[PDB]
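So, a structure with iguratimod in it.
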Amino acid sequence: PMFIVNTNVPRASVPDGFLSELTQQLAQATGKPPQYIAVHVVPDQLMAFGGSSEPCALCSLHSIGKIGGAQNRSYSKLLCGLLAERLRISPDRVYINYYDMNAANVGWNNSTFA
Amino acid sequence: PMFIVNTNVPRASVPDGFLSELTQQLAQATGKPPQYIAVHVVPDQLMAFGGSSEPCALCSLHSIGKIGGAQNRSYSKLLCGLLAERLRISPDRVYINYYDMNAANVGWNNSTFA
Amino acid sequence: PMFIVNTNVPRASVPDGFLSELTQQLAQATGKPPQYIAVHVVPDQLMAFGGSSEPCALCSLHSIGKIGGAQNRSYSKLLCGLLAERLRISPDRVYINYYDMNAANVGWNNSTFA
Ligand SMILES: CS(=O)(=O)Nc1cc2occ(NC=O)c(=O)c2cc1Oc1ccccc1
């Protein structure tokens, strides 16, 4: 799985250990080994949410499976929780787009997962 | 809805008020309240279009519905218009990818929109 | 088509001519004329892969068509190969998401491709 967070929160406000925390928590939540988890955080972004420049985030979670109604609610609670605790972003100022990727459409190590 | 612009135009060339303008114009065009519109501009990017580094943009519009043939033509005229007027990017050096998101695949406020 | 690479490799390690090489090699591989190819490279990123901050990349390739089982395998071999040679990224630390875009969902030059 791959999780990306784009935020206007400044780099200095991203705490040490945040990528490792996301890796671990996402491994746990998706039921996958951590070796499969990639995380990417992009601070200092020029963004607004509802026209306000208050802290906000625009994120994506891509996975081969483990995406669906209930699962996505559970990921959103987990992820908005981390963003609120660590980056002081209100959950109502977070959007997370979820993508169920087909194995044939994910490249890795010179091939795909198909 | 969420609109992202990645461009090689420099940060100083993004006018003050641009994120607000995009928010308002997209609220109008989508017919959704502005509280739901998120906008994200990423200048100073290492980019080419057609092998040239003249000003260009790579953009994305995600919406739960309000995506389709005619709508997307209208959005493209609107958004290329804004990018040409405000950032001086030629419409033929803009790509916009449109995504009709399922409500279950959009996380917000600890849950999803399903 | 549009190809994006996000990486923790520093900007100074991205060689001159990398965007042009990606453009040409993508045109070779997809068959699309080089005038239609857009490329975007984002270095200096805060990312991890498998919980490690060794060199890695998260990429995307969007195209109207020219996406599928065998094509995507071939793109991955190509693109991992370029990343390894030019940016010294191990192929097993690269993910590439492939998107077959509907023509109605790609804006350009004030309209869409539908
Ligand atoms: C890069 S692409 O993946 O978005 N595809 C294309 C990009 C293009 O850009 C410029 C064009 N004309 C003048 O410039 C095009 O006609 C054009 C066509 C593209 O492909 C198709 C293939 C079948 C149906 C619809 C579109």
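In what follows, chains carry the letters A, B, and so on, assigned in the order in which the sequence lines appear, proteins first and then strands, with residues in each chain numbered from 1. Order of listing sets the numbers, starting from 1, for every ligand and every atom in it. Side-chain atoms are counted along with the backbone in the values below, which use heavy atoms only and exclude waters and symmetry mates.
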Quiz item: By the name used in the PDB entry, which chain has the largest number of heavy-atom pairs within 4.5 Å of iguratimod?
Solution: Macrophage migration inhibitory factor
Exercise. Find all other chains that place a heavy atom under 4.0 Å from iguratimod.
Key: B, C
Quiz prompt | Identity and separation of the nearest protein heavy atom to atom 21 (C) of iguratimod | solution = C:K32 NZ, 3.9 Å
Self-check item: Taking atom 3 (O) of iguratimod as the reference point, the nearest protein heavy atom with its distance
Solution: C:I64 N, 2.9 Å
Quiz item: Which residue owns the protein heavy atom closest to atom 17 (C) of iguratimod, what's the atom, and how far is it?
Solution: C:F113 CE2, 3.2 Å
Quiz item: For C:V106, is at least one N or O under 3.5 Å away from an N or O on iguratimod?
Solution: no
Exercise. Ignoring hydrogens, just give me the one of C:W108, C:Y36, B:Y95 whose non-hydrogen atom is nearest atom 6 (C) of iguratimod.
Key: C:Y36
Self-check item: Polar atom proximity, C:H62 to iguratimod (N or O, under 3.5 Å)
Solution: no
Quiz item: Short list, please: which atoms of iguratimod are under 4.0 Å from a heavy atom of C:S63?
Solution: 3 (O)
Practice problem: List the UniProt active-site residue of chain C that sits nearest iguratimod, with the heavy-atom separation to 1 Å. | Solution: C:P1, 3 Å
Quiz item: Would you call C:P1 a iguratimod contact, heavy-atom distance under 4.0 Å?
Solution: yes
Self-check item: iguratimod-proximal atoms of C:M101, by part, heavy-atom distance under 4.0 Å
Solution: neither
Exercise. Write out the substrate-binding residues UniProt gives for chain C that lie under 4.0 Å from iguratimod by heavy-atom distance.
Key: C:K32, C:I64
Exercise. Provide the binding site of iguratimod at 4.0 Å, counting non-hydrogen atoms only.
Key: B:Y95, C:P1, C:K32, C:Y36, C:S63, C:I64, C:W108, C:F113
